[PDB]
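All chain A residue numbers match the PDB entry; in order, they span 60-309. Just follow the structure's listing: the first ligand is 1, and inside any ligand the first atom is 1. Hydrogens, waters and symmetry mates play no part in the numbers below; they use all other heavy atoms, side chains included. Method reported for this entry: X-ray crystallography, 1.8 Å.
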Amino acid sequence: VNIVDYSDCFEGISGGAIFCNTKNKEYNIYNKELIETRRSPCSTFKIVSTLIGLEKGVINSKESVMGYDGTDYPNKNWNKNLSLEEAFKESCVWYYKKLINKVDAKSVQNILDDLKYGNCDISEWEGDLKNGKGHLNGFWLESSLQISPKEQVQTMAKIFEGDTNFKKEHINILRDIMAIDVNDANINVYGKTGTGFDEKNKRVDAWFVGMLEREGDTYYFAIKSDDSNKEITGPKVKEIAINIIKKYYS
Ligand SMILES: *C(=O)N1C[C@H](NOS(=O)(=O)O)CC[C@H]1C(N)=O
């Protein structure tokens, strides 16, 4: 366990980072207090909800559809019968809400327990209804479910090292749709952003969680901001993450 200083890459934004290589068990941690603090995963939960949907047969491939019903949305790309691959990359909330609402709560509880997914608290299934957004809500979006950056990395490692019961075929679908283009062919980067605002503490929950492959070595990582500036989003934290990878993990 090395405590490290990635602060230059955060360019003044409050946050932390953790990178873990399970072959030689080197944990690199920036801002240990934050890295151990549980927070809502927001859209990073789509990593796990994709696997849940595949395991239960709600979806079957990166092509699979959820039966778009014509509802109007402001994001152009949500207004179509999009595939799993597209819904993941667009972070399409209606697709993943429809997916998860086809699965019984006990099945979800037992999967989260098996993954040690933070507090595994799905008690507020419908999510943070006080924000007014109705069905565009769920337990994983600033609601009952909370996970620390360290636990995210531990979960990613268990999934992608083959240490869960999820089918290898399903793991590989998730790998395919998480792949990121970082304009450097010598590293393979995979991940998912997440964006929320913690109304109680007036801080963002801005995430980028995933994995890095670089010549035999694999690092599992989680980068997280808790800044008070509402302009700090998951996509912004992904840029920070990419800068860290390029500076320190190349
Ligand atoms: C997930 O966090 N959400 C869905 C969507 N994706 O955000 S991302 O660009 O950080 O991946 C928008 C924000 C958020 C939500 N409000 O539901």
I keep forgetting: which drug shows up at ligand 1? avibactam (bound form)
In this entry, what is the main binding partner of avibactam (bound form), named as in the PDB entry? Beta-lactamase
Indicate whether atom 1 (C) of avibactam (bound form) is within a distance of less than 4.0 angstrom of some protein heavy atom. yes
Under 4.0 angstrom from avibactam (bound form), any heavy atom of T292? no
Residue and atom name of the nearest protein heavy atom (relative to atom 13 (C) of avibactam (bound form)), distance in Å to one decimal: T254 O, 3.7 Å
State the atoms of avibactam (bound form), each with its element, that fall below the 4.0 Å cut-off from a heavy-atom position in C101. 2 (O)
What is the residue-and-atom partner of avibactam (bound form) in a covalent bond, if the model has one? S102 OG
Give a yes/no on avibactam (bound form): does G255 have at least one heavy atom closer than 4.0 angstrom to it? no
Which residue owns the protein heavy atom closest to atom 11 (O) of avibactam (bound form), what's the atom, and how far is it? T252 OG1, 2.5 Å
For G253, the avibactam (bound form) atoms whose distance to one of its heavy atoms is below 4.0 Å: 2 (O), 10 (O)
Indicate yes or no: does an N/O atom of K105 lie under 3.5 Å from an N/O atom of avibactam (bound form)? no
Closest protein heavy atom (residue, atom, distance) for atom 6 (N) of avibactam (bound form): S150 OG, 2.8 Å
Atoms in avibactam (bound form) flagged as close to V152, the criterion being non-hydrogen separation under 4.0 Å: 4 (C), 17 (O)
Atoms of avibactam (bound form) less than 4.0 Å from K251 heavy atoms? 11 (O)
For avibactam (bound form), which residues in other chains have any heavy atom nearer than 4.0 Å? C101, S102, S150, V152, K192, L200, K251, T252, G253, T254, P294
Dump the pairs for me: avibactam (bound form) N or O, protein N or O, distance under 3.5 Å, to 0.1 Å.
residue                : atom   : partner : partner atom : Å
avibactam (bound form) : 2 (O)  : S102    : N            : 2.8
avibactam (bound form) : 2 (O)  : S102    : OG           : 2.2
avibactam (bound form) : 2 (O)  : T254    : N            : 3.1
avibactam (bound form) : 2 (O)  : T254    : O            : 3.2
avibactam (bound form) : 3 (N)  : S102    : OG           : 2.4
avibactam (bound form) : 6 (N)  : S102    : OG           : 3.4
avibactam (bound form) : 6 (N)  : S150    : OG           : 2.8
avibactam (bound form) : 10 (O) : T254    : N            : 3.3
avibactam (bound form) : 10 (O) : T254    : OG1          : 2.5
avibactam (bound form) : 11 (O) : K251    : NZ           : 3.0
avibactam (bound form) : 11 (O) : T252    : O            : 3.4
avibactam (bound form) : 11 (O) : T252    : OG1          : 2.5

